[PDB]
Colleague: 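Please see the structure below; I have some questions.
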Amino acid sequence: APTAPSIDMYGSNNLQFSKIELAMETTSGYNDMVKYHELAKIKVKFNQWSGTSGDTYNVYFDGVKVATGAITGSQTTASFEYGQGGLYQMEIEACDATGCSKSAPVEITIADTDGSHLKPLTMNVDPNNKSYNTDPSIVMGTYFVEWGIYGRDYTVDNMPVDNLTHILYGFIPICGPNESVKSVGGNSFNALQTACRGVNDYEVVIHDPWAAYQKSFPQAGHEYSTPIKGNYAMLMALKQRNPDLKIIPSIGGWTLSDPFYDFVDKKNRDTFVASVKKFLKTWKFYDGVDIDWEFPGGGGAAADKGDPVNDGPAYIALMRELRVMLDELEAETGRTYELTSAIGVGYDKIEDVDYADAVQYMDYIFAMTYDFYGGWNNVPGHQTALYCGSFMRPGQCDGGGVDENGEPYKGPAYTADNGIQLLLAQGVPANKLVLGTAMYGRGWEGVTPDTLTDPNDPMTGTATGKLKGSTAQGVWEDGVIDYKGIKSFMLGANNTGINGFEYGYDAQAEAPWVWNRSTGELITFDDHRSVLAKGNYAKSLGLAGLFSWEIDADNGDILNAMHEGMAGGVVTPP
Ligand SMILES: Cc1cc(N)c2ccccc2[n+]1CCCCCCCCCC[n+]1c(C)cc(N)c2ccccc21
């Protein structure tokens, strides 16, 4: 028989092959950094110095033949293509008429962006996240933000994945006009210019390739030479651990919505839809697409953009077009893909899209039932309430009244139920609506007792400015605080108030607050009670479930209350 092949490990890239080529140690345009191949090119060098070399070789993976070719004397290179990622025991055999001899088996890795070559991720979850047996029909969603791996120090292996059905990854930008990104400060707009170099406008890109796929995380077993690293490699390993988890890229958001306003022109929608198909074929751990255009008709970050006439029909066409493209991918892959969108729930946002039309294309609507009041002005109120608070004036709730100056309210006040009823009344199915919970507060300072028109209620006061604080307190920008910050700095373990704060609750609105009467610091947020109320409301109306913004700001209490409030409930999936 021929001499047995001896595999030249170093001549064969130590048997590590990848279907994706990712640029490391540089930041450049997306199409220069990211190259995907439907088949891996496998090249393995072997030698047969002693004896006869034979005529033909065969390559086996886990004892099954996967390739054959000719022997070329004393040194041969087996080259073939392979589609399926994984770890395999490889043997190379040489054959001629006298018989066949085979190399010792050696492990070959073929990396793919489904994580098929990876072991389940090792988790490091705060044990204050408890175990539940929520029915699997109910949505339990959250957003994980790409930048939370820096100062926020919150990584993929910190998420309480057993308690989540859907992780929305915030956020994939669209190349094009993006002046609103300058409001984040820092390198964000410039990093986007770099990512979009050589990329057509209206195509998606990765905003931060360091965080997405270059950074080595030691908890994930990454090495500098590992071919996929970052958050994305951890998300692939997380999908191996929890295969029924849905991980969905969120495109846009408040900061990154400026290109959507140009989707009135179908040519820019076609460019975008094709880029998203490409993106989902490249990053196979993703399960659909979430569109967070804030907002059709304007009212977002870009004060000079928004078309109340034309953006709704653009949004609806976008959904129709995306769903045609996702049906293509389902045909091609045999998988199921979801299409979702997070939306504004003020009456002035909902009036600009005919959701009765759009929702036929969509699996879920993530209703942004938060941010109703905030430090952008000096008017206190409940930022994430279900119902109208005590502080509101007569007629403010339904919009028929007049304000303190005699001026008509223009529409119903910003509460979750005013928005959810407007969507239900036009025929959006309850089982496609997901209700938002906040894992953060918004706040003011200067709300001292002398400013209240009702002494029992600080939401009747007036502020002098935004809440101020440090990042160790969870205050990453003035006026906003992480829930885990409110717990450590204002509530305490017993939830009765520390550091001069007192807790209160508006039982009509279903909304908690903490208030320090000395400093006038007042923070509106969601807590165990108000999230239980949201779960109960979701069970009562047959909503699909709950989601939250943003997971890194919870200490487990808010996700636990999301589950607790849904106990017993089931829903018909869309
Ligand atoms: C930090 C960070 C870090 C990054 N690398 C980053 C990268 C990409 C995108 C965002 C990024 N972010 C920022 C992510 C920002 C998430 C939250 C944005 C919503 C802000 C509230 C919106 N809002 C509402 C609703 C109503 C108002 N009247 C109003 C008035 C003034 C200002 C805002 C107002």
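Index from 1, following the sequence. Order of appearance sets the numbers: ligands from 1, and atoms from 1 within every ligand. Per the header of the entry, the method used was X-ray crystallography, 1.5 Å.
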Colleague: Name of the drug or drug candidate at ligand 1?
Modeller: dequalinium
Colleague: Count heavy-atom pairs within 4.5 Å of dequalinium for each chain, then name the one with the most as the PDB entry does.
Modeller: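 The chief chain, as the PDB entry names it, is Chitinase A.
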Colleague: With heavy atoms only and a cut-off of under 4.0 Å, state how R442 meets dequalinium: side chain, backbone, both or neither.
Modeller: side chain
Colleague: Where's the contact between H207 and dequalinium, heavy-atom distance under 4.0 Å: side chain, backbone, both or neither?
Modeller: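 It is the side chain that touches dequalinium; the backbone stays farther off.
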Colleague: Identify, for atom 18 (C) of dequalinium, the protein heavy atom at the shortest distance, and state residue, atom and that distance.
Modeller: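 The closest heavy atom on the protein side is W254 CB, 3.7 Å.
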Colleague: Which option, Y143, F295, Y414, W147, owns the non-hydrogen atom nearest atom 6 (C) of dequalinium?
Modeller: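 That would be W147.
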Colleague: Considering non-hydrogen atoms of the protein only, which is the closest contact for atom 16 (C) of dequalinium, and what is the distance?
Modeller: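 The closest one turns out to be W549 CZ2, 3.8 Å.
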Colleague: Heavy-atom distance to atom 30 (C) of dequalinium: which of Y373, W376, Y150, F372 wins?
Modeller: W376
Colleague: Which residues of other chains have a non-hydrogen atom closer than 4.0 Å to dequalinium?
Modeller: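 By heavy-atom distance, that gives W147, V184, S188, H207, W254, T255, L256, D371, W376, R442, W549.
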Colleague: As a test of reading the model: which N/O atoms of the protein lie under 3.5 Å from N/O atoms of dequalinium, and at what distance?
Modeller:
unit_1      : atom_1 : unit_2 : atom_2 : d
dequalinium : 28 (N) : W376   : NE1    : 3.4

